[PDB]
Enquirer: 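I'd like to talk through a structure of balsalazide bound to FMN-dependent NAD(P)H:quinone oxidoreductase 1.
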Number of protein chains: 4
Amino acid sequence: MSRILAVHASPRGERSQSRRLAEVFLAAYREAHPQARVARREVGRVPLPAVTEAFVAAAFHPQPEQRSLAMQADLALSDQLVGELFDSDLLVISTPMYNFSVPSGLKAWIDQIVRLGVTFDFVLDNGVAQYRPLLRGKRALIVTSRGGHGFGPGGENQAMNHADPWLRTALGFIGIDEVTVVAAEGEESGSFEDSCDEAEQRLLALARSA
Amino acid sequence: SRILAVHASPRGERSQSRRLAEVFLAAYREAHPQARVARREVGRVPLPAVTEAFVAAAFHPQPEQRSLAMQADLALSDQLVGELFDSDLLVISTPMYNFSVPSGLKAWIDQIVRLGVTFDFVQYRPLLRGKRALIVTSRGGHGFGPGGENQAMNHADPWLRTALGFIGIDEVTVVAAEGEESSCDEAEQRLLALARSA
Amino acid sequence: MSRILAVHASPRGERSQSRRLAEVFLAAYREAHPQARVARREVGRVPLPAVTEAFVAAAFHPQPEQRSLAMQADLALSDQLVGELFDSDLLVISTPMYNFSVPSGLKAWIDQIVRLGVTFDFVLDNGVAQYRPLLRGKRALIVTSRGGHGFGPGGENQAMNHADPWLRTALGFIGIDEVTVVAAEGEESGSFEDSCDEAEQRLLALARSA
Amino acid sequence: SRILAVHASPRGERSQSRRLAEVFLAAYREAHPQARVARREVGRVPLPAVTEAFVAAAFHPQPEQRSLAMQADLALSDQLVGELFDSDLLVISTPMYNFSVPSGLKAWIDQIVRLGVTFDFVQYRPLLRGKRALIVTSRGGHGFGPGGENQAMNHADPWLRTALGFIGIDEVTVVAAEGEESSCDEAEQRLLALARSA
Ligand SMILES: Cc1cc2nc3c(=O)[nH]c(=O)nc-3n(C[C@H](O)[C@H](O)[C@H](O)COP(=O)(O)O)c2cc1C
Ligand SMILES: Cc1cc2nc3c(=O)[nH]c(=O)nc-3n(C[C@H](O)[C@H](O)[C@H](O)COP(=O)(O)O)c2cc1C
Ligand SMILES: Cc1cc2nc3c(=O)[nH]c(=O)nc-3n(C[C@H](O)[C@H](O)[C@H](O)COP(=O)(O)O)c2cc1C
Ligand SMILES: Cc1cc2nc3c(=O)[nH]c(=O)nc-3n(C[C@H](O)[C@H](O)[C@H](O)COP(=O)(O)O)c2cc1C
Ligand SMILES: O=C(O)CCNC(=O)c1ccc(N/N=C2\C=CC(=O)C(C(=O)O)=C2)cc1
Ligand SMILES: O=C(O)CCNC(=O)c1ccc(N/N=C2\C=CC(=O)C(C(=O)O)=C2)cc1
Ligand SMILES: O=C(O)CCNC(=O)c1ccc(N/N=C2\C=CC(=O)C(C(=O)O)=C2)cc1
Ligand SMILES: O=C(O)CCNC(=O)c1ccc(N/N=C2\C=CC(=O)C(C(=O)O)=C2)cc1
């Protein structure tokens with residue numbers, strides 16, 4: 001009985017390991033819940049617009065009900081993206097690690113959905129902005145694939161990981177505090193089979209209990 | 001020194017990080033009248049994301065055999081990398097957006113980290129050398145710098161160091177302006193001082 | 001009692017004459033029909049993806065029910081764009097003339113909505129593909145603004161007009177044969193006031209009778 | 001001759017218009033071993049649309065006073081125009097998409113028609129001279145060429161002539177392959193003949 005939003009961030013299709021692993025979760029979830037709604041939002045194989053100055057002017061307008069129609073057009077994609085999120089209970093993000101972070105498309109999706117007055121708010125206490133998240137009741141699953149090894153907790157390269165740790169922080173800011181990460185490592189060295197098998201078993205167990 | 005200046009804010013006149021970087025650049029020019037500055041805009045104009053075509057071309061096992069179509073998939077990348085090779089000092093100006101950098105700057109990084117060109121594999125090895133970087137960043141909030149209560153939330157410039165470090169840019173200076181949504185004088189003064197000695 | 005799809009193609013906001021003139025029509029239509037639905041689709045101030053080879057492979061797939069999930073993701077924007085069109089009775093397009101044609105964003109929107117099996121079909125008679133439109137019951141209004149003069153019927157530069165004449169042809173291919181064009185000329189020379197006044201009077205009359 | 005080759009199909013190996021243009025280019029190179037070819041991809045990589053920032057910059061009443069931000073809005077445009085100025089023969093390969101050209105090619109045209117640079121106003125005047133163009137186009141259907149039953153539906157190459165003509169490219173040859181969805185030998189042979197004399 002969960003409404004799902006699945007956001008796919010790899011540019012690769014059938015060859016994407018993070019997409020493949022997320023679809024394993026999604027299809028397993030579907031077996032346990034034949035009537036559940038799954039919405040898919042592509043941010044890897046299709047371009048997502050970067051934040052523009054026109055976006056900034058509209059999103060942060062002091063009196064939002066006065067936005068011109070052109071300004072509203074600047075926020076239209078964002079509203080649709082935010083709407084999908086509000087209409088979901090569980091958010092699944094699949095993503096590669098690209099250069100120690102996420103693909104630029106995912107960063108752009110994040111930039112569209114953190115919206116003043118919509119997914120976060122603030123007040124000034126003694127002149128200092130205090131921030132409050134506006135999403136509530138959400139969960140998130142991050143499914144990730146990496147070419148190298150050691151980027152996870154306790155790993156030799158843990159300090160170079162600005163992908164899922166950064167995702168955690170951004171999602172938490174808008175109120176998604178329950179976040180699970182499943183990772184496959186060693187993709188470039190292909191061992192990697194063990195890593196993917198373990199990721200699949202983990203996701204199957206999460207699907208059953210979700 | 002030859003300077004490549006990468007601007008990441010979508011804002012023009014209103015941008016603090018652009019304005020501060022331009023303060024430095026004008027002061028560096030006075031102290032070194034023969035300096036060349038190349039500007040690469042990644043904030044006010046779109047920069048394409050990495051695609052599957054790009055992955056196939058960039059990681060081609062036998063680059064000398066890339067087809068014309070594959071080379072076309074890498075043309076922007078080659079141009080971007082070329083700008084970096086022809087420079088001594090890299091200046092990057094950027095906002096913090098959602099605890100990281102604007103998507104355009106991430107896209108720029110994704111284009112210039114290139115197997116066989118800016119890094120190699122034997123174990124990974126940087127292929128750029130002799131370069132320095134100055135990162136100029138503006139943020140709406142407070143406490144994202146060294147020793148700050150929000151330091152562990154900062155995935156902008158610390159991530160930049162990691163990516164720059166991987167391709168061999170080790171000498172990196174960060175000058176940050178905080179409290180934009182609520183220091184610029186200090187950052188400015190710091191940038192002028194820096195310009196008078198680089 | 002018409003459902004409206006308004007597609008705005010100028011990159012300019014408050015300064016857009018074609019956008020301004022179309023909103024005049026839309027607000028006049030709204031006065032006569034308080035309960036009518038108007039959907040707005042921005043193709044000028046926001047990027048619209050160009051057709052890719054991945055798009056081609058999916059749209060023209062011989063057995064569409066076998067498209068992979070990745071392929072479907074390649075068509076997702078297109079489906080949403082086509083859906084807006086099917087859900088409308090009247091299509092309003094506002095557009096500048098740019099270099100004797102339309103802005104690239106509008107061309108991209110057109111490239112997304114002409115879809116095999118969806119807005120057009122074909123069969124082979126003696127080996128020759130015969131095309132059949134799939135949209136029916138639609139009308140279209142094209143509102144256009146031009147910097148120069150003489151691009152309309154009988155004008156000295158009529159043969160250089162590949163904007164609205166080309167729109168007519170593309171819309172007709174998918175079945176929109178009832179098409180009206182309202183044009184303001186002389187924008188770069190600013191006379192132009194006469195041209196805009198006449199365009200407004202024309203659009204107000206069309207709104208009342210629609 | 002110096003050649004600028006603009007490719008408009010999103011397709012790679014499978015593209016007919018790209019393949020035919022490459023047949024011509026290879027044959028022109030054999031006949032003129034010292035020729036330089038610049039390739040500009042507008043089909044397989046995105047090309048930005050004109051924005052309002054671009055309009056404000058390009059039609060600036062006093063260009064010498066454009067701010068750095070405005071110049072950045074025109075950087076791609078300047079690079080694209082530069083390629084055109086440095087060439088003698090422009091070769092454009094393109095599909096017909098929906099009775100016109102792919103959106104990328106329209107975007108390319110929108111970037112290179114520039115007030116004060118490729119055309120002027122006194123009455124409009126072309127500023128490019130001494131250039132030729134070869135347009136190589138592939139179409140799925142039949143009868144879109146001169147004397148064809150669908151000639152009045154053709155807004156691809158005839159529109160290209162109008163846009164090219166406005167900026168001063170008057171000498172234009174069109175070679176078309178039709179019936180792709182259902183002539184290439186002829187077009188090919190025609191391209192080889194053309195290469196052996198340009
Ligand atoms: C542009 C690019 C950047 C990459 N950066 C990293 C990286 O920083 N660290 C890493 O371990 N692997 C990196 N990789 C390897 C990918 O993370 C790995 O191939 C991953 O499985 C790709 O995700 P996908 O299979 O879902 O497409 C990179 C790959 C590409 C194409
Ligand atoms: C989309 C967006 C996201 C932002 N995210 C953060 C943030 O995570 N932390 C912060 O301190 N400020 C944030 N800000 C505020 C900007 O960092 C601040 O306005 C900065 O000065 C913008 O850079 P610029 O002036 O060079 O355009 C954000 C602003 C925008 C528009
Ligand atoms: C890039 C560009 C190309 C243009 N090309 C033409 C043209 O080919 N013919 C013409 O008469 N006006 C041309 N114009 C002028 C515009 O058509 C005119 O300013 C129009 O009103 C702009 O539409 P808008 O007001 O809705 O933004 C062009 C303007 C721009 C910015
Ligand atoms: C989106 C799209 C639109 C097309 N529109 C037309 C058309 O209007 N008329 C036509 O004859 N063929 C049309 N075609 C068929 C192509 O013109 C034909 O496949 C051509 O060879 C493609 O060029 P390329 O092989 O260089 O990629 C269209 C194809 C696509 C994918
Ligand atoms: O000394 C220290 O703590 C750290 C020193 N560096 C390491 O140990 C190290 C670095 C990268 C890595 N992953 N492969 C990657 C990383 C980044 C990429 O962009 C690509 C790519 O294919 O583009 C592949 C595993 C280990
Ligand atoms: O419990 C934990 O791990 C962390 C506890 N949260 C904090 O103390 C905190 C969070 C964010 C912050 N930055 N403000 C920002 C962040 C996002 C924006 O979009 C803007 C904006 O101006 O648009 C400004 C300062 C302090
Ligand atoms: O001899 C013949 O039949 C035709 C000879 N040319 C003409 O008479 C003529 C050309 C253009 C025009 N409109 N202004 C324009 C046209 C194209 C543009 O790109 C721009 C722009 O601002 O970018 C403005 C009016 C008349
Ligand atoms: O009555 C009138 O004005 C016109 C009468 N219609 C005709 O005779 C006619 C129309 C289109 C055509 N080209 N085929 C095309 C057009 C669009 C496509 O997307 C494809 C494709 O392969 O995807 C191929 C040939 C003939």
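Reminder, nothing fancy here: chain letters follow the sequence lines and each chain counts from 1. Every number for a ligand or one of its atoms is a count from 1 in the order of the listing. Determined via X-ray crystallography, 2.3 Å. Computed from heavy atoms alone, side chains included, the values below leave out hydrogens, waters and symmetry copies.
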Enquirer: Is it possible to name all ligands or chains that make up balsalazide, including repeats?
Expert: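 Check ligands 5, 6, 7 and 8.
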Enquirer: What are the letters of the other chains with a heavy atom below 4.0 Å from balsalazide (ligand 8)?
Expert: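 Other chains with a heavy atom that close: C, D.
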Enquirer: Which of the atoms of balsalazide (ligand 8) are close to D:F144, meaning less than 4.0 Å from one of its heavy atoms?
Expert: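 Reading through balsalazide (ligand 8) atom by atom, the close ones are 12 (C), 13 (N).
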Enquirer: Would you kindly specify which portion of D:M153 sits under 4.0 Å from balsalazide (ligand 8), judged on non-hydrogen atoms: side chain, backbone, both or neither?
Expert: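 For D:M153, the contact with balsalazide (ligand 8) is made by the side chain alone.
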Enquirer: Give the atom numbers and elements of balsalazide (ligand 8) that come within less than 4.0 Å of a heavy atom of C:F60.
Expert: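 Balsalazide (ligand 8) atoms under the 4.0 Å threshold to C:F60: 23 (O).
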Enquirer: Given that the side chain starts at C-beta and the backbone is N, CA, C, O, which of these parts of C:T169 lies under 4.0 Å from balsalazide (ligand 8), counting heavy atoms, or is it both or neither?
Expert: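 It is neither part, as no heavy atom is under 4.0 Å.
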Enquirer: Would you mind pulling out the UniProt substrate-binding residues of chain C that have any heavy atom less than 4.0 Å from balsalazide (ligand 8)?
Expert: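 The UniProt substrate-binding residues passing the heavy-atom test: C:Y131.
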Enquirer: For C:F122, is the nearest heavy atom under 4.0 Å from an atom of balsalazide (ligand 8)?
Expert: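 Heavy atoms of C:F122 never come under 4.0 Å of balsalazide (ligand 8).
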Enquirer: Hey, does D:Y97 sit under 4.0 Å from balsalazide (ligand 8) if you only count heavy atoms?
Expert: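 Checking balsalazide (ligand 8) against D:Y97, which is what was asked, there is no heavy-atom contact under 4.0 Å.
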Enquirer: Binding site of balsalazide (ligand 8): which residues fall under 4.0 Å, heavy atoms only?
Expert: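 By heavy-atom distance, those residues are C:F60, C:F120, C:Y131, C:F173, D:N98, D:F99, D:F144, D:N150, D:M153, D:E181.
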